[PDB]
There are 2 protein chains.
Amino acid sequence: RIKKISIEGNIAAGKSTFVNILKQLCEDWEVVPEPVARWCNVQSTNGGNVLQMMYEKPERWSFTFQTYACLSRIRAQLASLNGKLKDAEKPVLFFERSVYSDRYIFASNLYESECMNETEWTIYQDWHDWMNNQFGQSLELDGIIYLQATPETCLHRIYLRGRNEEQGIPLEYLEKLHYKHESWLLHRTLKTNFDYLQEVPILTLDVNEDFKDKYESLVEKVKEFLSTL
Amino acid sequence: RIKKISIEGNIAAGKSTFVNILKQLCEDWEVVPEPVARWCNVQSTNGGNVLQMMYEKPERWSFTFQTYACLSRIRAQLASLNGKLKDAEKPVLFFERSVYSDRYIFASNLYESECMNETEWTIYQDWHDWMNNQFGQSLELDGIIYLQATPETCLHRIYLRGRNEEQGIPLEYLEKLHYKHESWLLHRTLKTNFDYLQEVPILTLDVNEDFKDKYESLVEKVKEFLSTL
Ligand SMILES: Nc1ncnc2c1ncn2[C@@H]1O[C@H](COP(=O)(O)OP(=O)(O)O)[C@@H](O)[C@H]1O
Ligand SMILES: Nc1ncnc2c1ncn2[C@@H]1O[C@H](COP(=O)(O)OP(=O)(O)O)[C@@H](O)[C@H]1O
Ligand SMILES: Nc1nc(Cl)nc2c1ncn2[C@@H]1O[C@H](CO)[C@@H](O)[C@@H]1F
Ligand SMILES: Nc1nc(Cl)nc2c1ncn2[C@@H]1O[C@H](CO)[C@@H](O)[C@@H]1F
Ligand SMILES: [Mg+2]
Ligand SMILES: [Mg+2]
């Protein structure tokens, strides 16, 4: 009953920045941010920083991170499907990344990088499938917004943001993630267990340019794209 | 609507053996075996053997094993709550170990053995809680059957069974698990997030003696205990 749109994009491409100009465009919109800070100080519903543990020894912590990161995002997105939004008129729910990015972009890539052995990779997909199998049907996307920026623009915006764990991120890693986004959201040549995705609508925004300027345009293309849903 | 009883006990104490004499005692009984073989050849719903990986390098694979082992047992127990049992008269569902053993016995112990750091331990409990939070209410136990045997009897029965991964298991490990079972099912001095357990009925069977003989007794005490539920 609520339109759910996922915001996809490379590390530091500008998702959180795009998310902050969303609510002010319509009282009917909701945003579920990526629980990034919660991965940095692992506490039960100051402690460990699994995001950094993974970035510092991926073949040791990729599975754990992928396991916790995804469950985490699902809970956040599910919680928001029980808020004031239910009482809204034209409720549109935004997701900062999706269970798909987690699996077909990051997890997929860490595994192709030998950072997860067959065993870890098999267990992860089995979990991931079963997750959707359960609390999945209520999270399907009506549309996707691909925030597109060159991995070179990404590597620089990372530097601007200043998050410590990400400061050691190499261009090469950003490139691999880039092509996977391109393969999934641009060329649309990515295979997944969730058939509906293949048909799901996609809005591609070139955010390589200054947000200061391209802002007015984007708002237009967003309202636009949203009406066609 | 179905009485669900959990069978608890140390490694090789005699659970599977006890499980095999159960169905023949009443057509109304069902048994959900511990997915042990499925942990030995990790395949999606010949591959990896996470059970052995964990026994050979616990500080590397305890979390993974605990994560997969528990989800696995829940699915198995949940599936059986949708079988021919629903059509039964006096349906009694048996569980070979429970999500509690997984957490308050094995996981708890691996963590006290520095085999899981705070981060892993925090993530595991957060997952474990949230799991029950979901598909939990329908798995509550009406009663527990503690199959009690000395860790020394256990170490020998392990040798009899012949499972390879377990052949390297030291008495010391069996002792630690022993006292945790004693603490939970005997002295009943174990603290858990699931309050009902504290009141749940318990049947303690001393299975240190030959199964060939103590069999007739056990059957009596089982039917007995079951009637009082
Ligand atoms: N379109 C843009 N133009 C200029 N700077 C941008 C743009 N988008 C993001 N930034 C900068 O990048 C940083 C934020 O990146 P961020 O939004 O956190 O990436 P993500 O949303 O994927 O985490 C900010 O410090 C901001 O100054
Ligand atoms: N009460 C018993 N008396 C004699 N032998 C037993 C008894 N219980 C189990 N065994 C032996 O131990 C082995 C099975 O242990 P098992 O049932 O697999 O432990 P668990 O059920 O915890 O996995 C068998 O090979 C069987 O011969
Ligand atoms: N699924 C994810 N896997 C990995 Cl290895 N990293 C992820 C995942 N989802 C988000 N992130 C990380 O979250 C941080 C903020 O987006 C970035 O370091 C990176 F994008
Ligand atoms: N939760 C469990 N954790 C660990 Cl480390 N091992 C477990 C767990 N549950 C069952 N097992 C194992 O399953 C095998 C058969 O019961 C034994 O090696 C041992 F009991
Ligand atoms: Mg972000
Ligand atoms: Mg067994």
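Quick note on labels: first sequence line is chain A, next is B, and so on, each numbered from 1. Indexing begins at 1, ligand by ligand and atom by atom, following the structure's order. Only this structure's heavy atoms are used, side chains among them; waters, hydrogens and symmetry mates stay out.
- Of the drugs zardaverine, gemcitabine, xanomeline, clofarabine, the one that appears at ligand 3 is clofarabine.
- Of the chains near clofarabine (ligand 3), the one making the most contacts is recorded in UniProt as Deoxycytidine kinase.
- Other chains having non-hydrogen atoms less than 4.0 Å from clofarabine (ligand 3): A.
- The N/O atoms of A:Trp39, backbone and side chain alike, include none that comes under 3.5 Å of an N/O atom in clofarabine (ligand 3).
- Only the side chain of A:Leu110 comes within 4.0 Å of clofarabine (ligand 3), counting heavy atoms alone; its backbone N, CA, C and O stay farther away.
- Annotation: atom 3 (N) of clofarabine (ligand 3) to nearest protein heavy atom, A:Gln66 NE2, 2.8 Å.
- Clofarabine (ligand 3) lies within reach of A:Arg97, whose nearest heavy atom is under 4.0 Å from it.
- Nearest protein heavy-atom neighbour of atom 18 (O) of clofarabine (ligand 3): A:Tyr55 OH, 2.7 Å.
- The protein atom (non-hydrogen) at minimum distance from atom 17 (C) of clofarabine (ligand 3) is A:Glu166 OE2, 3.3 Å.
- When heavy-atom distances to clofarabine (ligand 3) are checked against a 4.0 Å cut-off, A:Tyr173 comes that close only through its side chain, counted from C-beta outward.
- The single protein non-hydrogen atom nearest to atom 6 (N) of clofarabine (ligand 3) is A:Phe65 CE2, 3.3 Å, given as residue, atom name and distance.
- In the PDB entry, the organism given for chain A is Homo sapiens.
- Ranking the protein heavy atoms by distance from atom 1 (N) of clofarabine (ligand 3) puts A:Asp102 OD1, 2.9 Å first.
- Clofarabine (ligand 3) has A:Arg73 within reach: a non-hydrogen atom of the residue lies less than 4.0 Å from it.
- When hydrogens are left out, the protein atom nearest atom 5 (Cl) of clofarabine (ligand 3) is A:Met54 SD, 3.1 Å; that is the closest non-hydrogen contact.
- Clofarabine (ligand 3) has no nitrogen or oxygen under 3.5 angstrom from a nitrogen or oxygen of A:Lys15.
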Is there any protein N/O under 3.5 Å from an N/O of clofarabine (ligand 3), and what does the full list of such pairs look like?
| from | atom 1 | to | atom 2 | distance (Å) |
| --- | --- | --- | --- | --- |
| clofarabine (ligand 3) | 1 (N) | A:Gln66 | OE1 | 3.2 |
| clofarabine (ligand 3) | 1 (N) | A:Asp102 | OD1 | 2.9 |
| clofarabine (ligand 3) | 3 (N) | A:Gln66 | NE2 | 2.8 |
| clofarabine (ligand 3) | 16 (O) | A:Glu34 | OE1 | 2.6 |
| clofarabine (ligand 3) | 16 (O) | A:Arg97 | NH1 | 3.2 |
| clofarabine (ligand 3) | 18 (O) | A:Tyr55 | OH | 2.7 |
| clofarabine (ligand 3) | 18 (O) | A:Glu166 | OE2 | 3.2 |

